[PDB]
Amino acid sequence: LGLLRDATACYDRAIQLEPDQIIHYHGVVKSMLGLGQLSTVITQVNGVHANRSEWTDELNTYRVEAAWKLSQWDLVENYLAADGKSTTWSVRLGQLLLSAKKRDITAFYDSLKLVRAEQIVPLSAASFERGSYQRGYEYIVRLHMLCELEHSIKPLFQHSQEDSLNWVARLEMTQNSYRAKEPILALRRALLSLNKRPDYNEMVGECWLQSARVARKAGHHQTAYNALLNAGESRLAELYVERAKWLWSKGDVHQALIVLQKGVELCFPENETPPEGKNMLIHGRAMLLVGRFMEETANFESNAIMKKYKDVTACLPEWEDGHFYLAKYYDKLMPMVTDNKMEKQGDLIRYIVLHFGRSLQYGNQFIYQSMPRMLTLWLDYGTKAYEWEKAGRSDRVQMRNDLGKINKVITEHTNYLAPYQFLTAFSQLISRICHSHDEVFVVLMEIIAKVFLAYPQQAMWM
Amino acid sequence: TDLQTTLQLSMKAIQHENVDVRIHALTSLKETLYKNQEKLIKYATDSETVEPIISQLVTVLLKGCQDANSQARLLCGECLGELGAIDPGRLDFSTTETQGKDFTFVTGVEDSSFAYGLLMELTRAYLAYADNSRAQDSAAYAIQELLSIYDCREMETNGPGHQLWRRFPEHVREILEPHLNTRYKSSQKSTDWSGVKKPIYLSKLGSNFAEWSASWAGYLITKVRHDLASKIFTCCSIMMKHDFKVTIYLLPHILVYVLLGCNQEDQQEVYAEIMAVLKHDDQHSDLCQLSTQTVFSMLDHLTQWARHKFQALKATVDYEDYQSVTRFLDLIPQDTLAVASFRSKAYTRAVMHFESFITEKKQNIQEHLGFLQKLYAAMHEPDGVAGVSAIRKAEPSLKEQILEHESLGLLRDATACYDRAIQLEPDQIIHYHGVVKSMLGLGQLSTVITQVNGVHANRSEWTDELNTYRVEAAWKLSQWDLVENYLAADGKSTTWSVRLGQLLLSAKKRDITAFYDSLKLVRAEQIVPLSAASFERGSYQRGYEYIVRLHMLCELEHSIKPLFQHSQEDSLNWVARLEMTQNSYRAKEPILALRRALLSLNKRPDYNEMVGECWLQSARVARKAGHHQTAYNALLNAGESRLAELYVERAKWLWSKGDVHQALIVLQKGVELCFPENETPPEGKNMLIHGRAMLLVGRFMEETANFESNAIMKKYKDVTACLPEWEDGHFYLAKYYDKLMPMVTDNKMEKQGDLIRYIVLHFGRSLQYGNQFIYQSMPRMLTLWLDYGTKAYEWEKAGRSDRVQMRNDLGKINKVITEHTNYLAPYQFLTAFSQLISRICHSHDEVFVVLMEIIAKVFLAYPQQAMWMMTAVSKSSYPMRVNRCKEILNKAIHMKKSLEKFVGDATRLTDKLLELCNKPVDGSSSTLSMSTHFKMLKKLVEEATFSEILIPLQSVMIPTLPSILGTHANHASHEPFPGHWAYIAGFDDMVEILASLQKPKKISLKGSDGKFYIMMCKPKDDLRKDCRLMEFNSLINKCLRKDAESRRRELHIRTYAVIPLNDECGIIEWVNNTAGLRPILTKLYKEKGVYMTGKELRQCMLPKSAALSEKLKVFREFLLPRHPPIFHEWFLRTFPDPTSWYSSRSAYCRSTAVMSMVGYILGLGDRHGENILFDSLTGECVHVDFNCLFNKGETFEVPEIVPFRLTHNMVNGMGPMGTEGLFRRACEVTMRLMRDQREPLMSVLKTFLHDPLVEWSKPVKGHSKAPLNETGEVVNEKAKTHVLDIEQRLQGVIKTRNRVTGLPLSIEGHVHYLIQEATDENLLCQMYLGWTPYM
Ligand SMILES: C[C@@H]1COCCN1c1cc([C@]2(O)C[C@H]3CC[C@@H](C2)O3)c2cnn(-c3cc[nH]n3)c2n1
């Protein structure tokens, strides 16, 4: 159970205690290897080799893993010729990458068959199906890796055919864990290095950023920081965004906001438009992250946060996250603004259900936060307007008109949105069936009926 | 001998003139320290501040380390090690030194002072060259020609020759008179000066420093147009050719003079020379460095003379002379001066020239941020590296990140960046240096050795510089054979670690000679940076690292000498020698490593265990410092003293990481594994540790929500029963009962009675065993007691049945407080005297009787301070306060009759002081005389019978508490207020009247020492609030002195005395050499010629009700432009010396930071320009007029929207980086301290917010202060609110009305918000023109 980066200290204490013990020297380079520190690894094992020329043979694998990650193909050659007894995965991957660099078609395909069989063997024993696929994901991500490899190398040999593997999608398809995504990404960097396309200096920064993302999402932040470093050489605004997200993870919301503001004014200066599609998308992600930081920080005024979210929506209207977080903030403010008085909440409710629905039109990532909250606000305001109309309160007619606006917004959603988007929360809609307000009931009827058509069998049961 | 008289004598001898006497005194003060180490450790450690003698000593020591002789320079450091590396916060350094400074830009050869300087130099050359006749005869000719150029002989006249002959010393005069009248002949080897290449520097004659300097001086003397200048230059021409020093001294004048009469071509020639000295670096000899210094000095004198000539200009031909000097000073490029100073390793002057280049010549800081960063790295000012990293928009390059981290000290990030750099450029030794250094500081020693051997395999040449780390690891591992092999490899490695390895090895092989020689060597190379640093102010803290290295060398020498043939056992108290040090990792860690290595050399039996205790101490240090990973690397290296000293430390480590539950878990595992429930530990050490652990378990429980309160109380009571003599346990139990009592009593005092009794009892029992919480325990104790007495009076007046039960409970509590009175020491009450002087008007009679016993005990112990603190309560208008104080004083008198004449005398003196104070001014008089108007006061004071009354300084009014380390029993005879006590011996003959509307009458109180102390008397005002505020500020200055970051920054809330002689008057102590911001900036603006008259200001004023945008438009269009930034000109004018300039600028940034945040916390307002004051000597700021406290300003008709004052002028002084840099990180540091010490601060403040005596409600309330039937207490209605707001501001919370729930801000983010808010033009504009937000 990896406590944290600092397992090396324990291995070194062990060494001080039993220096002849090798397992510890293995553990040290292995930790330095995981925490970037690639070039540091190569010196560690060479020092050991000097002290004890016998251990290097079993430590050669770590000197090879570092080399092909650094893309030092000449070094790979020496560290491989030194010892052929090692069959560690990293060593075989280095052998393949070298056979590709020094184009050796026969050797490449042969060693490929060989390693690919080596990795299947653990699956053969784990093939007995008791949650096997998850027990062997490590060996299945290795086959994924070998296939990415075969498809990136084949063109380097042919000259024609080229790689059709969608490297992006192939990654989200995987388990969102560093133990799985990173090996794919380091191999992808090495493959981008073997080939040399003009973008293949930039795409490497992209892969380093993805590695930082998976690490961050996976907790350990220092290797993420190393990846970020290795991403700088490529000019990107995503770098500032990810550095902020990384600080945010460490809890330093303020330093993150500061960095992100620096990156936005530098990468997206106010003068020139950001409308390069990709640049626009990044500018929107960044302004959103800014509005989200500002939400956490108490200093920032609510109006400025609302304005930032609105600018995000205007930069990316087809984007879900923008509308969603904007409406979330409207909802967080509305009780405080309105003094927890519904009749005053009408227009805010309109904006909130509106942006919630737009969010659902473009994506269903937050549907469990949005559709329920939207329907709840709407049905509740309907109950309240029926009450105040029933009580004869003064603001009731204004409440009636605002409820009309909101019923219209809900209708526009009913038309734009997909019935399955309503399907989740059908139990909620089947709940407010007895809503008192008639027009609200009509909107709810058109909503759940539009669902009944799409999915009657599953609806009639509910 | 008491060892204090011995130290006085010995120090006097240290600073003796004869070098041999100095040396023998130092040597005697190196056997003296060793033999009296126990006593010295009692001094430096018994109290939180090192006893005065120790401060006088280290100060006399360092200045000694500047001693020319190497043997005395060594004996100095040695005594600094035999003495210990005391924490610079313990050291006073009140007056560390007063360096002499030429108080002019000597006008020229006409000036009598420059005359005397030349004559001193010529006589010095005469005495020096008596060995070489030619040079001495040249000197005699020069000196007679000086006597001629200007008369040096009075001839019985009062002419210049008179005061000049009197100006020379007697030895110079006896040298002069013989040759004063005798003619001498000059060499007359005249030179055309054409053949020499005008850029003389780097020429053949140039390559010789004295030769270049002499040739340039000759060419200048030829260019000189002024006649007297030509004479003085010709007479010393030969001397300049003989002595480089006379030249250096006279060159700036040659420059000033030629520039005045030089034609454009001549100016260009001299400019070519000067710009060539600076543009040259090395080989494209000491010549470059020395000549760079010389030209820097010439230019500095030229600038001083330009400024003086401009003073005369505002005060013709002199206009043209000033124009010439300004022209030339402009001709030279500031950037070149900066790069030169840097190359010359004069980083401060380079910083000054760079700041000028940025401001004097409008430039964009971003292009030059990198150079500034290199400078701040070399200056080792990390706040500067950070301010640059922040001011920078662009993405930091790899190398820049490396620098930022090397300054930050983040080992992890530095390691990663260094490896990335190695990948980028593999052929860099510095990156591998950083990698191995990171692997070393993290504790990965063997990893270090292997990395080194590997890089040696790759690059052999690379190893000899990397060997240091291999050998450091080895001697840390105790692999002495590897140490030997590695040391045999490096023949020239001089680094500290290698020398320490050599010493340790020599000790391992028992090579006495080698050890002691390499010790005299490894000890001199450390005293060198100290001799270089001793010249500056705050040198101890600058050279602490090296002082700590000297402490380490002492510990070594004394742990090894028994290892040799061998009384010679090491008598050092390692634990105390460590506690005395600074509570930082950078200091205590190397000490501990060397301690464990010395042990590993001695291999005594216990030493296997002592190594574990040293590792645990290192872990605790890194934990208290935040280096958690190193704390873990240590918790591993330990295991021998595992009788819960490990489990305890591991639990604390986790707690610091925030994992409270895992901490409690592991700690319970320890308490079960060791100190098992089945067998009680009675062992003293085991018992102490078991108590520490039970208490940590109780604290964790309390932090955890799951645990029931009763279990927590049980655990704390178990602590008390196990370690009852312990302050903790008692204290924490009472603190819990205090948090628990409101809940258990539903906030009803009635049920609180018995809980209050227990709480008070345990708070006092804690105060009996230790004073670690004298500030958190005593105030709450007294508050609970006085308040329960108040509620009892209230309910006995109301007639409630519960009133009788309250009476019984109050009797119990009063008995408890009486037992405390008898047990506790007087000073423990003194630290809260102001609170007790406050309750002097308590409603309950019995409570007041007990309070009176307390106050009278304190008085009978420390009468002067008490009287000064309670003189007001006696003179107040309320009759109740007066009667209570008279009763207290009469009680004290009955206790001790001697405190009767002193009482009457102090009362008379105070009466006359407030008479002087409430004096009707004659009108237009800048001064009133003491002998004419205030004669009766001078009479009272001058009378011999008159008792001795202290000059009520802050250092004498604010106690010094003993240290928790001080055996916890010192507090029976402990002496607060240690040092020199100065009594009111006489009053000066002049009584200045200030220009304020209040017309405060400044006075000067003559101290018994004879020194003159200045004390202002404020006209009608409430100084009591200010008094208790100065108390809080002294507590803050304490908390800052102890904290390492703060003290490394030298943070300090400037503090002075605020003594109220009445409710209307007080007598504030005057901090000398202080001028306000508004007067300063107005003087500078006038000199600049741009100024805003009152009429313009009234026109610029908008109606109080106006568009914010309009106020801003006016404040940006007219006010700000008319008032540009000049403060930096003040810094440059008052601190001409570059080093002094940077020191004072940094201290301005770091002191206004402290007092800004201190103020925001205290809700400080009314920070107008005349209330902020800046010290002309140190640049620190000193606030005044603390009448508006706790956001009372926001109630002013013109609300205060600025939390503190950061105006564009105030920023321009901080530098080009502005807020970002030193000021911001100092704000962060002090806010962090305030937040960590939130509890003591809040506890003392709640005694300030609820103080009844202070006039919280300024209005009369229908002359309430007279019309109180039986009360002297004015309640603070906004008390709880102010307390809550302050607790928020400390927690990081800010109340936000923009419909937001809220969340605590990080210290960095809180500081950023504060700064933004205080420098935001939109807020400044709203401020009344009294704040002078434009200034
Ligand atoms: C450091 C200086 C000199 O040393 C003594 C302390 N002190 C001053 C100076 C001033 C002023 O100079 C400020 C402006 C300009 C002229 C006049 C007086 O109004 C005040 C005002 N209030 N207080 C108070 C009250 C409680 N503590 N301090 C002052 N204390």
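Naming: A, B, ... by sequence-line order, numbering from 1 per chain. This depiction is restricted to one part of the PDB entry, and every contact reported falls within that part. For this deposited structure, the header notes the method as electron microscopy, 3.2 Å. Just follow the structure's listing: the first ligand is 1, and inside any ligand the first atom is 1.
In this structure, of ribavirin triphosphate, camonsertib, budesonide, pamapimod, the molecule at ligand 1 is camonsertib. Going by contact count, the macromolecule most engaged with camonsertib (ligand 1) is what the PDB entry calls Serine/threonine-protein kinase ATR. Other chains with one or more heavy atoms under 4.0 Å from any atom of camonsertib (ligand 1): B. Binding site of camonsertib (ligand 1) at 4.0 Å (heavy atoms): B:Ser996, B:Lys1018, B:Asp1026, B:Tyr1056, B:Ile1068, B:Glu1069, B:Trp1070, B:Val1071, B:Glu1170, B:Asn1171, B:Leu1173, B:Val1184, B:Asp1185.
Within chain B, UniProt domain annotation places most contacts with camonsertib (ligand 1) in PI3K/PI4K catalytic.
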